[PDB]
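Hydrocortisone:Alpha-1-antichymotrypsin complex.
Chains are named by letter, beginning with A, in the same order as the sequence lines. Since chain A takes its numbers from the PDB entry, the residues it shows come out as 23-360. In chain B, numbers come from the PDB entry; the residues present are 366-399, in order. Per the header of the entry, the method used was X-ray crystallography, 1.7 Å. Just so you know, ligand 1 is whichever comes first in the structure, and atom 1 is the first atom listed for that ligand.
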Amino acid sequence: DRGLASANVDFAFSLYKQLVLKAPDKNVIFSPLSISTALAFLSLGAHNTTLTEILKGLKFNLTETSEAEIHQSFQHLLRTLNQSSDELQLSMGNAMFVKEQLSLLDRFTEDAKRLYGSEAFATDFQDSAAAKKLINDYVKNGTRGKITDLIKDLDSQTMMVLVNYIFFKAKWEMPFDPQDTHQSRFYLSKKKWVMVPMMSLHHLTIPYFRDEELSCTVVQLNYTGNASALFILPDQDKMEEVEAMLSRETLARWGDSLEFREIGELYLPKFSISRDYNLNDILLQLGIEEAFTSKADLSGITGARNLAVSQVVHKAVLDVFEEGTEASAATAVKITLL
Amino acid sequence: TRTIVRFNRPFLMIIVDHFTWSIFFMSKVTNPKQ
Ligand SMILES: C[C@]12CCC(=O)C=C1CC[C@@H]1[C@@H]2[C@@H](O)C[C@@]2(C)[C@H]1CC[C@]2(O)C(=O)CO
């Protein structure tokens, strides 16, 4: 299948490079699929230039696809990801929290439920602390407690918040033995390091590629199921080069070049990292601008040009350990009257 | 003589689904204790 695949991966790496640009030495963790899905959901309500900019910014080719085909593709992906599974836990949900008095088109609420699985929950944003707790509780529930305070500030004049979450919990195909985890150096720079629990595996046959073009080593560690982790280890002082060359083409070349190798020893830290982002700057850099201004056209939501985006926020957490990985994220689109 | 792969400096991690070709999560670890 993989209809959304090319746009979603182009968007992923465009987003990654912009996130790094803001703080080039910080940890990064985000779900591009959560952000793409939240913005596709937003585009369900958008018209005219507001709509064109969102779909173009999500890296779709608007001369060869329709908005209807895009929404149907997200609907199908959501159904695939949420199907019952015993191998791994994977869940994605969408919701809208809306001021009760705001008139919504029946077409919009019906399409949001049918395509994105989104209910519409009456929310009193004038009681801002209560509205924030409710939205954060929805996200906490969807992420099994891992994304706790997605919404920090919430304007009492907010009219609607669109929310996406993703939850991922998987076991390694080849789990690490905690008896082989030992505190070891992690070099923050060539001459500075800290101590971290370093997991290890011995005589491990996995997909491997030494990339001499980008001075990095790539390995694939599978989960149980159809999911895997691709790990890329740049040589010292080659991280910036690898980052600059990230792209759909580079990812495809890596995948095409992996070959099985019996690794003598693999060392991987046990770690947990978290990041939260205000995505306004990056979305504007990607050309999504009218949705934020007083020219916003979200008239597919209400039937009138009476709404505009105020903020898009994202939070994500990644936890890597001997038995597997837990990762979760959520995206919220805050919308005011116009 | 066998290759050693030692993730003891900054690295990238991409969580992918081979079936849907989705990137679920993208990460750079510059400090596991940051
Ligand atoms: C770029 C690619 C192909 C072109 C496209 O529209 C989307 C993607 C992103 C996901 C990639 C995929 C393929 O290359 C196969 C990949 C790498 C997959 C992630 C893991 C993968 O399935 C493999 O590693 C198979 O070897």
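Other chains making heavy-atom contacts shorter than 4.0 Å with hydrocortisone (ligand 1): A, B. In this structure, the protein non-hydrogen atom closest to atom 26 (O) of hydrocortisone (ligand 1) is A:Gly277 O, 3.6 Å. Distances from atom 6 (O) of hydrocortisone (ligand 1) to the heavy atoms of A:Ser279, A:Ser269, A:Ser28 show the closest one on A:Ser28.
On the PDB entry, the origin listed for chain B is Homo sapiens. Within the deposited model, no covalent partner of hydrocortisone (ligand 1) is present on a chain. Regarding atom 14 (O) of hydrocortisone (ligand 1), its nearest protein heavy-atom neighbour is A:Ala274 CA, 3.5 Å. Contact annotation for atom 16 (C) of hydrocortisone (ligand 1): protein absent (non-hydrogen atoms, distance under 4.0 Å).
Protein heavy atom in closest approach to atom 5 (C) of hydrocortisone (ligand 1): B:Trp386 CE3, 3.6 Å. For chain A, the entry uses the name Alpha-1-antichymotrypsin. Among all protein heavy atoms, the one lying closest to atom 21 (C) of hydrocortisone (ligand 1) is B:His383 ND1, 3.3 Å. Within the 4.0 Å heavy-atom criterion, the part of A:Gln242 lying near hydrocortisone (ligand 1) is the side chain and not the backbone. In this structure, residues within 4.0 Å of hydrocortisone (ligand 1) (heavy atoms) are A:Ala27, A:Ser28, A:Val31, A:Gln242, A:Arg270, A:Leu273, A:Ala274, A:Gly277, B:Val381, B:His383, B:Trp386.
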